[PDB]
Every structure is written in C-alpha cells, then in structure tokens.
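In chain A, numbers come from the PDB entry; the residues present are 43-270, in order. As a basis for the values below, the full set of heavy atoms in this structure was taken, side chains included, without hydrogen atoms, waters or symmetry mates. First listed ligand is number 1; within each ligand, the first listed atom is number 1. Per the header of the entry, the method used was X-ray crystallography, 2.3 Å.
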Amino acid sequence: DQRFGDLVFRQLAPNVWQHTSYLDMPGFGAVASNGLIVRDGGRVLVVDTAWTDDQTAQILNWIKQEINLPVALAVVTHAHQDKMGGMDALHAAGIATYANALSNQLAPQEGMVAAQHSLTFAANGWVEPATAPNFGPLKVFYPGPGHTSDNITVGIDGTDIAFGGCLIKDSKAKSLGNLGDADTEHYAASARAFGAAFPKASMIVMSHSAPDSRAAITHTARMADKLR
Ligand SMILES: C[C@@H](O)[C@@H](C(=O)O)[C@H]1CC(SCCNC=N)=C(C(=O)O)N1
Ligand SMILES: [Zn+2]
Ligand SMILES: [Zn+2]
C-alpha cells in the first residue's frame, strides 16, 4: 500500500491499481471508498472519482508521478457522492467522463456534476459499444437495478479483476449498507447477473472493502434474497 496525501494506492496487477479515499462522517466515522486505475498502452483509464474534487485531483497527481501517462477517460458507476463526488477535478483537467445515461439524468437531483458523455445498454446488460468509445480493457455491464437504479459495473479485460462498486459487498459484510435508493426486489438478481457477466473474474474489487473472491458476489446475492 502506498500513501499519497490522504489517499492510498494499491497495485492489484501489473497494469491495475485501486485508489482509496476517506470521508469523515460525524457520528459514523471515516468511510473508505475504492476506485480503479488502469494502464492501457500509452494511456490511463479511471473508474470512479474520490469523495471530493480535491481528493480526485490527488489521484491525477499520483498518476502523473507513478505512471506518467495521460489520463484518457474516466467512468463513474453511479450518481452518489463516493463515486461522482470529484467530477469537477476530472473536467478541470480536461478528462472525458462517461456514465450511465440514467446517472447523468439523476446527477443534478443528487447534487452531483453530470458526466460529459452517456452510456446506454442492451437488453442483455452489455454496453452498446457505440456509446463506449475507445474503452480499451474496460468492459462495462449494467446488471440491473440494485444499490441504485443506475448502478453499472466494470470488468478489466485481460486480468482476473472485476469491479462491482457499491452493488457488491464483501463476504464479511453484516448488511447491504445504504439501501436508501435501492431496488430491494431486483437487488439479488442484479448481483447474480454481475457474477454471470464476468464468470472468470476471481478478484472482486468493490467500493468499501479490500478486494475479495467471487464469494463476495454470492454472499451479497444471498443477503439481498432476504430483502424480498
Ligand atoms: C454516501 C453515499 O455515497 C453512499 C452510497 O453511495 O450509497 C456511500 C456510503 C456507503 S455506506 C458504506 C458501507 N456501509 C456499511 N454499513 C455506501 C455504500 O453502502 O455503498 N456508499
Ligand atoms: Zn451509492
Ligand atoms: Zn458506496
């Protein structure tokens, strides 16, 4: 683990890093939020911002120092603060940002800054390639409504890594966390759909825990079963 400012960076694979930022919430303590950094050829790709614009700027600063390649694009997995909180930092730096069309539509109501481009998805959940230009190893999948109506997920092609965001919780988790915006009826099916979308992924990266095995997906699904 590497510390850079208030952020921590961990290499998960030769070309993949996890970024972690913290937000102190009064009465509840500091909460960690994870994202991904992917090196693809002569460019870098980001998945999710940090909690804030300042923290996100630090991600770009670490990238400059540790990777020294231009950041080509970023993808945010839904319209909540821990995933979209630092959109300004990305846009200030001239980085093209992509999100679920629904996330961009919800963003203003959520107090978030919308991404600059919209992803749309097929009936089977896979992104329509036309809306996801030059994503390299990033394979984006909409598993259906769960944590939120708009949550999307990301696999890293050519690695054992898949990113479930706030949809997937780790196998040690006691609850499904914040269900304030959740679709409790479809949550279980969506978690399982993600598992089926990336059947070979063995390392599951998520928003609020260290990377886990596929057990995180199944354990989440089974916790969600009880919500019905
Ligand atoms: C604060 C907001 O961004 C919230 C969300 O996205 O729903 C953050 C905080 C949280 S709570 C973190 C884990 N909580 C466990 N009780 C989650 C989450 O559950 O995914 N995401
Ligand atoms: Zn959320
Ligand atoms: Zn979260």
Handout entry: Name of drug found at ligand 1
Key = imipenem (hydrolyzed form)
Practice task
Determine the main partner chain of imipenem (hydrolyzed form, ligand 1) by heavy-atom contacts under 4.5 Å and name it as in the PDB entry.
Solution key: Metallo-beta-lactamase NDM-1
Handout entry: 4.0 Å heavy-atom contact, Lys216 with imipenem (hydrolyzed form, ligand 1)
Key = no
Problem - Side chain, backbone, both or neither: the part of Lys125 lying under 4.0 Å from imipenem (hydrolyzed form, ligand 1) by heavy atom - result: neither
Handout entry: 4.0 Å protein heavy-atom contact status of atom 11 (S) of imipenem (hydrolyzed form, ligand 1), strictly under
Key = no
Exercise for the section: Can you sort out which atoms of imipenem (hydrolyzed form, ligand 1) are near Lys211, meaning under 4.0 Å from one of its heavy atoms? Expected result: 18 (C), 19 (O), 20 (O)
Practice task
Extract the source organism of chain A from the PDB entry.
Solution key: Escherichia coli
Problem - Ligands/ions near imipenem (hydrolyzed form, ligand 1) (< 4.0 Å) - result: ligand 2 (zinc ion), ligand 3 (zinc ion)
Exercise for the section: Report the member of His122, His250, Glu152, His189 with the shortest heavy-atom distance to atom 21 (N) of imipenem (hydrolyzed form, ligand 1). Expected result: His250
Problem - Min heavy-atom dist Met67 to imipenem (hydrolyzed form, ligand 1) below 4.0 Å - result: no
Exercise for the section: Using a strict cut-off of 4.0 Å, indicate which atoms of imipenem (hydrolyzed form, ligand 1) neighbour a heavy atom of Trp93. Expected result: 1 (C), 3 (O)
Problem - Contacts of imipenem (hydrolyzed form, ligand 1) at 4.0 Å, non-hydrogen - result: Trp93, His120, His122, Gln123, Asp124, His189, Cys208, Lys211, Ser217, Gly219, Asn220, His250
